[PDB]
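Figure: structure with dasatinib.
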Amino acid sequence: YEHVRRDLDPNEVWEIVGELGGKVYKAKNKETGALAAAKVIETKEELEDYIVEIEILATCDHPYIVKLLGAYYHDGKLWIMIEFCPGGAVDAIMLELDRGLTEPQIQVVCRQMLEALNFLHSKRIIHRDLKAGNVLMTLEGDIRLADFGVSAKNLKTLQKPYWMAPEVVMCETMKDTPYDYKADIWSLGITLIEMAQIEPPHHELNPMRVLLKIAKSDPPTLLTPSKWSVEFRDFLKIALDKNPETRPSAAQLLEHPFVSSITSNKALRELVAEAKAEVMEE
Ligand SMILES: Cc1nc(Nc2ncc(C(=O)Nc3c(C)cccc3Cl)s2)cc(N2CCN(CCO)CC2)n1
Ligand SMILES: [Ca+2]
């Protein structure tokens, strides 16, 4: 049975039961009871973007990656059903609690993010859009990497020399292994800083000026380094290496002392508990 289901009717198994919010609908599974975040997109030429996105998710069965629960194309509308992550995105949590994550909370996220990235890169899949907004939480206090839109669009492009300039050679070399997957390692680093300080580095600047600033400036560091362990700072130092040639893998970073001793998700379970209690304040 293929990954996009033509034969079955989505309404048979799934029923919409609210909104989250182009749109994002909450959907109940009538057989199992399981909850899902649903997307019912009407398009019918470039829905192959979504099909490749679905085939990425289906291949990436991992604890720390969002689960594909089902994909159906049924008279004009494409249904993508993804496991419901009741904690929401980490950036939303920071907004609700009006603060950044603590270090033990960041250590868990980092550790679990590295396990997911080590897995994705094993499959020659690159996320290419890591940020706190794409790290979703469960109530047990585990992450789920979400939103493989950018990953899929990039993959579709790749799916479908004596005179070449050096800059062009470098940008076709950065498109293949073992350089392409290093982009996620840099983005992890920035995501960690975002979790420490709520906003990412260069947030004062507008997006056009930001690209130059990332190109021209030295790697970002933590604003108030006294608040953080030398292990966190050292982790950032090596992860935010501007040269992708010397920038370490996820596999290598899993052995760094900032994450190697992490054995419990407790700090994150607490975070999600605090955030959910905060939502109840009214
Ligand atoms: C926006 C949102 N999503 C939540 N969970 C998700 N699980 C999985 C998601 C996902 O895979 N989405 C997705 C899809 C489906 C397609 C393409 C691309 C993407 Cl990114 S989204 C929870 C949530 N909550 C409401 C608000 N808070 C409670 C009261 O305040 C917290 C809970 N809100
Ligand atoms: Ca924001």
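The first residue of the sequence shown is numbered 1, and numbering continues consecutively from there. Only heavy atoms go into these numbers, but all of them, side chains included; no hydrogens, no water, no symmetry mates. So this one's X-ray crystallography, 2.3 Å, going by the header. Whatever order the structure lists ligands and atoms in, that order sets their numbers, starting from 1.
All copies of dasatinib taken together correspond to ligand 1. The main partner of dasatinib (ligand 1) in this structure, judged by heavy-atom pairs under 4.5 Å and named as in UniProt, is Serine/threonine-protein kinase 10. Not close to dasatinib (ligand 1): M81, with no non-hydrogen atom less than 4.0 angstrom away. By UniProt annotation, the domain of chain A supplying most contacts to dasatinib (ligand 1) is Protein kinase. Contact atoms of dasatinib (ligand 1) toward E83: 7 (N), 8 (C) (distance under 4.0 Å to a heavy atom of the residue).
Taking any N or O of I80, backbone or side chain, none lies under 3.5 Å from an N or O belonging to dasatinib (ligand 1). At least one heavy atom of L136 sits closer than 4.0 Å to an atom of dasatinib (ligand 1). In summary, the atoms of dasatinib (ligand 1) found under 4.0 Å from a heavy atom of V279, numbered by their order in the structure, are 29 (C), 30 (O). Contacts between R144 and dasatinib (ligand 1), counted as non-hydrogen atom pairs separated by less than 4.0 Å, are absent for every part of the residue. Within 4.0 Å of dasatinib (ligand 1) on heavy-atom distance sit the residues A37, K39, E53, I82, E83, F84, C85, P86, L136, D147, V279.
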